Amino acid sequence: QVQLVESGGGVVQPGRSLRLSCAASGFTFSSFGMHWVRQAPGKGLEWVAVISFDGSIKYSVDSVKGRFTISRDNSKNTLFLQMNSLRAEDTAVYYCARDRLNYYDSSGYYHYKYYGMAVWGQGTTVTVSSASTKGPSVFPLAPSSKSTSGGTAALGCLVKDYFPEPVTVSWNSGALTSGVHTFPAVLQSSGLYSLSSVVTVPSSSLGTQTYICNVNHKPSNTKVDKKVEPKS
Amino acid sequence: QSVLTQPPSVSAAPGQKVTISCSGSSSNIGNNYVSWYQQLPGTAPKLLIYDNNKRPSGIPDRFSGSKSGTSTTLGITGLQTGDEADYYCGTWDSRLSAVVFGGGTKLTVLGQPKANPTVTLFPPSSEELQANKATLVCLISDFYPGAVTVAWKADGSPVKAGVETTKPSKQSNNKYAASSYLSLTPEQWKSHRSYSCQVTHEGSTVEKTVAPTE
């Protein structure tokens, strides 16, 4: 039952503020130094701040100074991160972690030991975005010399700026299945998604065969059909 | 631009051993204790090693740490598929007065032969240019292990602004795919002669190029 549980995260708009909590249980919270660490999806760990057992000593990364404050309330087994003036660069999962133990030994001598981040919470998601329901803009990815190699040419549909997931894509109403690769969406810093769907086809068929991507976005109740052909 | 340097990925077969190096300077690794963390997919990091080479309880002796000067190494022997994870080194930096992490290393336990990525690079469509926007789309598929590094260039110079790249994920054929997008204005698109997507995978690099004049 040693446990750290973060809360207070969620969706906020740029410029707004948020107060994270980390509740500690199963150990004597007031004996330990504590950190906040964050991680944007698909990116590395980024340390945010640390605070001594008693609250008197703090350090934090330069990029959050003037905006974020680490504090704690030992009477309530709680660590806080006040985050003001949030930007898109602050979108991340936020973890708290336990580090330095402070104790008195059996003879009454003060001792302490850094353990690194030895106990972690499960994280709380912070999303700094004004995104809301939006259907995609669909643009052709035309086959060309550069998307071609020998008898095989790739063509596709660029599906831009939608929210939320998911989008589904078929080609020629699902008649064309072979060589269809619909790529996972990118989550942009704005909070909107984009994806591409590509099909590989015979180079010799480019003049003859019509290719149409069918883009379905149920959340916005939008459907787009777009013929994709070589560019003059 | 992580203060500590790790390789973006390493791999070996089940039963084999691997090392992951982490490199820094005298202000961090040189004079401070290193810890290592394991991060399984979707989970919080777990402490593997602290004080350069100690294991917390519940960490098997397959994991080890060592240190030499301004570098440290995590060793993993007897590789199991359950060891597939992202691995991070961390330490205090005395110059910054901050905790600093390496950029992470993806550890793949090889379950199939290594495969090279196919890269395709599409320029902005004239239709998109009519919407006053311009997206270059770099598509990367059929690779294994599931780690690539993508770099974009404009007339040979590095460009970092306006790049968005996905995390690789599995296709139905069990290889990986990813994509990278470069967002430009129509003006900056038309003003250079060449844009490039450079994909690095397991030592090999493929670079594709497009130009407004095409």
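Note: chain IDs run A, B, ... matching the order in which the sequence lines appear. Note that chain A carries the PDB entry numbering, so the residues on display, from first to last, are 1-232. Residue numbering in chain B adheres to the PDB entry, whereby the residues present occupy positions 1-214 in order.
- The drug seen at chains A and B is recorded under the name erenumab.
- Per the PDB, molecule name for chain A: erenumab Fab heavy chain, IgG1.
- Per the PDB, the name on chain B reads erenumab Fab light chain, IgG1.
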